[PDB]
Structures are given as C-alpha cells and as structure tokens.
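The lettering of chains (A, B, ...) simply tracks the order of the sequence lines. Chain A is numbered as in the PDB entry; shown residues: 20-237, in order. Quick note: numbers on chain B are straight from the PDB entry, i.e. 21-234, in order. Going by the PDB entry, the residues shown for chain C are 74-617, listed in order. Note that these values count all heavy atoms, side chains included, but never hydrogens, waters or copies made by symmetry. Indexing begins at 1, ligand by ligand and atom by atom, following the structure's order. Determination method: X-ray crystallography, 3.6 Å.
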Amino acid sequence: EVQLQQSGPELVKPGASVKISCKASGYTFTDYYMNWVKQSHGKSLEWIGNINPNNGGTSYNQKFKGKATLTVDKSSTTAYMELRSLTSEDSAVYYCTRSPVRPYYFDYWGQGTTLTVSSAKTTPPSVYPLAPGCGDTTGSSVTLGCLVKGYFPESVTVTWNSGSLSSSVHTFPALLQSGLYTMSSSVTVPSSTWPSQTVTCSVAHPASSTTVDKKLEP
Amino acid sequence: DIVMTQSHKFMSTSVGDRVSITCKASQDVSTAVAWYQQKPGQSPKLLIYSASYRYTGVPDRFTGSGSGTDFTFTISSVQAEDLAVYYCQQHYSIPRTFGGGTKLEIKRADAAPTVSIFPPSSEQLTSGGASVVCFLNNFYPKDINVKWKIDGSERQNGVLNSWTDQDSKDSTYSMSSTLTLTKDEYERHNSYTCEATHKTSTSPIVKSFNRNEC
Amino acid sequence: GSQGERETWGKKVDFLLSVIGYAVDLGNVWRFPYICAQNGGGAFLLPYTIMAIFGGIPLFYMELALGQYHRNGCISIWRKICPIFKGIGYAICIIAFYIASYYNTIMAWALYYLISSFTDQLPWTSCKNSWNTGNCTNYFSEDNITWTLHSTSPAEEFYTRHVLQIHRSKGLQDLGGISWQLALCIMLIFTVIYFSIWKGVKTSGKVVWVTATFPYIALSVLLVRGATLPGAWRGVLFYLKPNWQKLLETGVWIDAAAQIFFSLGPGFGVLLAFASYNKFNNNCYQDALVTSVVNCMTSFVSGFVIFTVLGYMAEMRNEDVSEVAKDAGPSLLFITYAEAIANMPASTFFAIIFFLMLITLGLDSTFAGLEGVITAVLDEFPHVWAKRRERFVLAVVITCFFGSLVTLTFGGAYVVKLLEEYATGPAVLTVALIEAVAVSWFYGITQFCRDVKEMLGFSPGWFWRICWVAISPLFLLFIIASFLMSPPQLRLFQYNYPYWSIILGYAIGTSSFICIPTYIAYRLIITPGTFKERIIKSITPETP
Ligand SMILES: CC(C)CCC[C@@H](C)[C@H]1CC[C@H]2[C@@H]3CC=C4C[C@@H](O)CC[C@]4(C)[C@H]3CC[C@]12C
Ligand SMILES: Fc1ccc([C@@H]2CCNC[C@H]2COc2ccc3c(c2)OCO3)cc1
Ligand SMILES: *[C@@H]1O[C@H](CO)[C@@H](O)[C@H](O)[C@H]1NC(C)=O
Ligand SMILES: *[C@@H]1O[C@H](CO)[C@@H](O)[C@H](O)[C@H]1NC(C)=O
Ligand SMILES: [Cl-]
Ligand code: NA
C-alpha cells in the first residue's frame, strides 16, 4: 500500500553536508504535503518543515531555517532533505512523513534514517561466537549467543539463521566507550535440534559494508 | 509557538487495565490534537486525529477525548503488543509541536532471572581476548543485582550491564552482564562464576564453568 | 459677471459625511484589520496613531484648508500658487484614471454577488453547479474529510471559475476576452455614479447620506452577528494580541505610515474639490480633525467586524486564525468571509447586506474621486468648458468604462493587482510630497498660517507649522524611499507575476508622472527671460 522508503544510515564528518531521500509510493504523490520530523536520541519529535510536491512549496520552521533544505521530484515521486553544518546534535534519526493539508496529521511515516556525525573512523565489528561450554547440563532448551565487539557507528544488524527461527532471541543494546560500540545477542532454542542441525549467527555492518557470519560450535 | 507538555514521562499499567495518558497544550486548541504510537524500533504510527476521531486501521481499544487545551488518550484493553511510547501533537498553529513522550511500561508478576554464563570462544582466544558473558533472561521487574566472581571474589572492573526494553509478548525485561578480560588473565584462572540477586528469591543464583576445555 | 463666484454646499452635515464617504472604503473594512493583526496585533495602534498625528492629519487639514480658502481646482490652484507645478493637477487626472480602471470592478464583483444572492439556496453552498470541478468538496457532506493539495472549496470554486473566470487566462500575457457580466455590473455602477455625480456636489452630497452611513449599519449587523458566534474570541485574540517585538522592525512603521496615508488620501485633489464648495467663514479645523478620527475609529471597529466572523470560521475549522486569514485581498472578503456567512441563519440577509455594503463602500469614495478631477478640468478651462456638466461627466464616466475593459477580462484580477500595487502608490506619494513641499516651502508656511488666520480667525499652532515644514514631507519621503528600495514581488491565485511586471508597472507608474517635469520644462521653456528671471517669475504667484 502506502510506502515511504527512506535512505540508509549515513556516517558523515562534522562540518560537511548530507542528503537523505524518501521514495513515496502507493498514493497520488501530488495530493499530499511531504514533511520531515527530527528525532534525537532520547528526545521528542521535532517538526523540520513541509514541502508542496507540485511547486516545491517549502514551509520551514524558524528553528530549522537555514539548517535543512527540502526538495522534491515528481518524475520519480521522491522528496529529499539536505543538511549542512553538521554537529553532534544532528546525530539523530530523521523521518519523512506524509500529511494532508487539513487536518494536519502525519498518517504515514518512513522507517527512519540514522545519521551519525562524528570524525571517528568506520570500524568493522569483531564477531565472536558465544557458545555454551561442553560441560553444561543440556535441558529442554539451550541459550546461545554471538558477540559483536568494537565498531562504529551504531549501524549493525545481527540475524539468526536467515531469520528462522527467532521466537526466543534476546538482543542486548550496544554500549559506547572510547569511540567504539559493543553489543551481544542471545537465542533460546530447544535441545532437540542441536547439535544435530546447523545454527549460525550473521553479523552485518552497513556503514563499513562488511558481513561476517559465524556458526556456533560447542 | 506552542509547548506540548506531558508531565508524566513514564506510566505503569497492566495487561487488560484501563490506561489514560494526558496532554497539556500552551493555548486553546479546540479539537486539534493527534495522538501517535511509536513502538520501540518502529516509525511513529498515527492513532488519533482531531481529539476524538480514530484513524483507519486502529483497533477499537484506542480512544481519544478532550476539548480545549487538555486532551486524553485511553486504552481499554492493553495488550502485550500495545507496549510503546506515545506522543501527542497539535495540528492547528504553525509550527506543529509534539509532546515529551510517555513510555507505557507493563506490570506483571515476578519472574526468576535465568542466568547463563559463557566462556570465551576459540575465535576470540585466537584473537587474543577473552570475554566471559552472563545473560539474565526473562525476569521482572527491572531492578536486579548482578555480582561477578572470577574465582569467588566480586569482580567489578570491566563489568557492563545492558538492560533491554520490556517485552511485547510476555512483558519480561532481559539484561546482559559482560565481564571482558585479556587472554593472559583468562589462561591463569579456571572456574568463572556469575550470580544474580533478584526479589523473587533471597538467595542469589550462582552459575559456574571451567576453563579447562569445558 | 456671468458665473463669477463659485457655488456653495447645501448643508454642513452633507460635506462632513461627504469627506467621510471619500475617507471610508473597502480597505478600511479588511486592509486595516489584516495589516493590524499581522504587524504586532494591538501594538500596531501605537505607531499607527503617530503616523496619523504627524503624517496623515497635517496633510489632510492642509489640503482641506487650501481647498476651502482658494476655491480653485486641482489645476487652476497651481496657477495662483506655483505655476511651474501646474502639472501636478494634470498628474492626478491621469492617476485617478488608472484607479478608476480597477476600483469599480471590485464593486462589480460585489454587485454580481449581490444579484446572485437573491436565490433561496446560495450558489456558493453546493458543488452541483456548471462551473465546479471534481475537486469541489463542500459541507453538509460526510464528516472526517481530509483536504488535499488539489481539492478546492465551493466558494473558491465560485470566485475562481465564475465571477472571475480566472482559470480561462494564463496571466498578464493572456487575459482576454471580456466577461460581459462584470461589464454590465460595472456599467450599472457607472450609471449609479452617473446619476450621483452628473449634477455636481448636490447629488453626490445627497447620495452620500446613504453611501456613507449604511456601511456602519451593515458592519453593525455583521458585528452583533459575528459577536454572537461561538468561538469568535480566537479572531479577536489574533486581532488584538500585542506582539511588541514586531515593533522593533523598521518595516512595521513603514506599513503604518503607508496605511494611514492611503486611508486618509491627502493631496489627491479630492479633498481640494470637496473643500472648495464651502463657506470662507466656516471652520475647517474641527472638520478635518473629526473626519480623520472617524476614518480611524471606523477602521478599528471594522477589525472586529472581520475578525469575529473569521474567529467563528477558525472555530468551525481548526484555529490559528492566521492560517484561515493567510491571503489578504479579494479572497478574504469574497471567499473566506462569504463561506463564513454561508453557515449562518438567514444567510440571504447577511449576504445581501455584505456585498451591498461593499458596493456602498466603494460608491462614495469613487464619487469623490471623480469629483476632484471634474472640478479641476472645469476650473482650468472655463467658458471653453462648463457649457454643460453632463457632457464632461459623461465623457469621464464612459472613459472609465473603456479603462475597465482591460479589467473586465478573465485575467482582469491579475491586472487589478498590477494596477493596485505598481501604478498608484509611488506616484501618489510623490505628488503628495511635491504638493506639501510647494505649499509649505514655496508659497511659505508663514503666508499659509496667515491664510488660515484669515480663514478661521486664528493662526494655526506651532505644531501644525513644524508638521508642514518638516514632519510631513519627511513622512511622505519615508514611504517613498522605503517603497523604491524594496518593490514587491507579487503573486495571486497560485501564479507568480513575471519578473518584467515591475517594468510594466513602472511604466504605468511613471507614464502619469512625466507631466510635471515636462510641464516645468514647458513653463520654463515657454517664457523667455533668463533662467533665474523666468523661474523667479514662475515661482511667485499672480500679484493681482
Ligand atoms: C506604456 C508604455 C510606455 C510602456 C512600455 C514599456 C515596455 C518597454 C515594457 C512594458 C511592458 C513590457 C513587456 C511585458 C510583456 C512581455 C512579455 C514577456 O514574454 C517578455 C517581456 C515583455 C516583452 C515585456 C518587455 C518590456 C515591456 C514591453
Ligand atoms: F492613491 C490613492 C488614491 C485614492 C485614495 C483614497 C484614500 C481615502 N479612501 C479612499 C481611497 C480611494 O479613493 C478612490 C476611489 C475611486 C476613485 C478614486 C479614489 O479616484 C478615482 O476613482 C488613496 C490613495
Ligand atoms: C476519515 O478519512 C480516511 C481517508 O483517508 C478514512 O480511511 C477514515 O476511515 C475516515 N474516518 C476516520 C474516523 O478516520
Ligand atoms: C483537480 O485539480 C488538479 C490540480 O489542482 C487537477 O490536476 C485535477 O485534474 C483536478 N481534478 C479534476 C477531476 O479535474
Ligand atoms: Cl486606517
Ligand atoms: Na480610507
């Protein structure tokens, strides 16, 4: 149906510029205002501005005037937002959301765009299999894990066997220290399919465009 | 401009209880308030527009009320998947502003933390590092003590506690206590032990393993 | 012998309500409330009065005093003051023409609405008409509606595709042809001014009894009506909320000065003509004073008349009245206000008195507008003219119809703006400056205080003296410089005017101005003597 597919995460050095796209689909693109909402880590939603796709009618917020520049293209039904003078405060998630003209609600949003403004080098993650020992008592279920150590920025994805299954996967948030992140993942799966079948965790780092897959071994 | 104030940053409720989040605006708004539901890790989802009207695709358990400045979002039958952070937003005056955000935490019965200790893998011992892990899964509430024991002594340097958010299925928190050490220090000690003190029981749960090729 | 002494007015109240009739118009109704609520709200009253006291009032009273004292036209009075500036009298004659091309077409719209308002079901209520598109979405229809960028209201559809038919023109480039309905409306207008001007000051002065008093009645009905509407305090809040920070902007004062000037309209020759037909013994200080204070307060209450209905309209919609009051111009009264009064009981009544009120507002002002020019030409070419008044009056009226034929087009509205912004404002400001400087500096403000001292019996205060010598020509100079420095890009109905419009505008702004430096060249070029000799005999008026 109505889909707003935004662009991927961006790691940009402070002081530079960055442009974010927003592919709209599933409705008459010229029939709705295209908005941009900023969401800082742990903060509330922040309205950047809107744009009329017909003529590029940008209506900004006084707080973002000269900070963001909204553009639009009808030939591909895609709205863009460009940001200059990047600081540490801009390291936030940005959404592009559709809205009618009245009443002005935000019915459909995008998945978000993680922006990290830091001069820290893109560090690839170290994937180390967190496997149970060989002396443990195998009960009705075994808990497994995979450790992701030392990466930047927070763009990372830990999957388990192409997403099948994952009805008991506990993913622990990443922690930042000395400019590098570190997280861990776990999965509770019964003992009647291990170690008979194959269980493998896949760690993907989009900012460094790397993907290391490690299989758990007791 | 308009200042939307949500005085209560957190609200505790249970599955099936009647919950209601408040929203205070700067001036008179008539009936121009929209309520959004942002689930952890998802985009904000529109639920209510113009104070009381529900948006399409929203279950009957979500309602809205208020007329003037103060507005209220009501859920009659809270489900495990209704766990989210709710925002209120005005839609009359330029610019459009939002509320501070009210996280709805679900209250349930106590649960015993399942503690599992993990020895450093061979790929990490190969790299020259060794991290002993201690997972604490499915417990309630969030308040829980985690104590480390390298060889019986409470280890405190290099310990990181990571609490996940509440669950959307059984409403059970889960945390990870990580004890990261070097390889040289790992091959000079054997049986690692991590214990957890929770309110479910007075005696902390003690877990141990051996370094000598398990 | 023969004519000799000029005629005299029929009563004091006729000329009081007559100059009030010139002063009060459409702009008093909607322009001042918009510019007021936009520039700091109620705080705008603080500079507006200053720009009144120091700027509008002195020019108003000076013009009026000269008019009643010298009893001459706009062209013949310069013969007896400063002959080289006689071209001023000509300039106004051109300026007025440009104004009469668009000012009455607006009254034609209000007239087209008025005759279209006699039906039991008003046309701009439903969408099942012959002019509505598929975007037309209206009320008494399913609730929950969520407006779209392309959607359009039945009032906007009616004003756009019917009375204007502006969708049938692409802009200034292609605006033809002519809407015969507005041609018949404005023809009826030129008729109703024809039977109110053709005889002279007696008929204008008698029609003014109705054309200047009824707007207060209609404004009173819509005032007490708009006050009883639920949630009307929003428009009043947005209308009078003090935002003193906007007073720090050097623009706001400029807006206030331009407003009070173009709402008192001194130095246009209309006050000269209206003042000419009065008693020499008759006081005029009190006259000018009260008349202005009426135009200002009338504007003040008109603000409530508009923003109460706009407040109710912002209550039925969703507040922040500024959004429902974004567009200032013909759309604030013909669309928003009409759509607002559509949802009220006995809507035929309030509609009829509203658009009838619009015509009633324009009528008196245009009476006076023509009155000044007619007096000027009759006094400048006597005996060669005055053979009949209906001849010259008929000529100028049919001339105004042919002048409005460019405005009766589909894109006529476009032209209306081009003529409303570019042509009148700079030139009128200029001629008011040159006129004020010529009466205060050339003729000498001392001899003027002697003329008023012979007029009312007492010399005008040192306040009026310093206002005429310095404060007033600086008041006009302010708006002149601020205008020339930042001419405005203008847009109407989702259509930005071409970059070259200003060029066209400047032509229409200067094609009327060319007469005064060329007349100074004609005077100084026609009488031989030396430059110092001929300009000294050309600056001093007739001795006998
Ligand atoms: C009344 C008289 C004296 C004014 C004439 C001044 C001239 C130079 C001005 C007035 C109107 C102007 C034109 C208005 C219309 C257009 C059409 C556009 O596609 C090109 C610019 C062009 C061609 C302008 C050129 C300059 C212009 C011709
Ligand atoms: F440049 C300016 C001209 C006139 C004004 C006036 C100021 C006072 N209130 C009414 C304003 C409009 O007056 C009219 C109406 C119809 C006319 C007219 C004048 O001359 C020919 O046909 C202001 C500024
Ligand atoms: C209002 O409009 C939308 C159309 O976008 C419709 O789907 C919805 O069901 C309507 N009603 C409510 C109560 O939202
Ligand atoms: C509604 O208006 C838009 C432009 O405003 C136009 O493209 C569309 O064709 C219109 N609808 C109809 C049915 O004409
Ligand atoms: Cl005014
Ligand atoms: Na006026």
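- In this structure the chain with most contacts to ligand 2 is the one the PDB entry names Sodium-dependent serotonin transporter.
- The drug candidate or drug found at ligand 2 is named paroxetine.
- Other chains within a heavy-atom distance below 4.0 Å of paroxetine (ligand 2) are, by letter, C.
- Following UniProt from the N terminus, chain C has transmembrane segments with a non-hydrogen atom under 4.0 Å from paroxetine (ligand 2) at positions 1, 3, 6, 8, 10.
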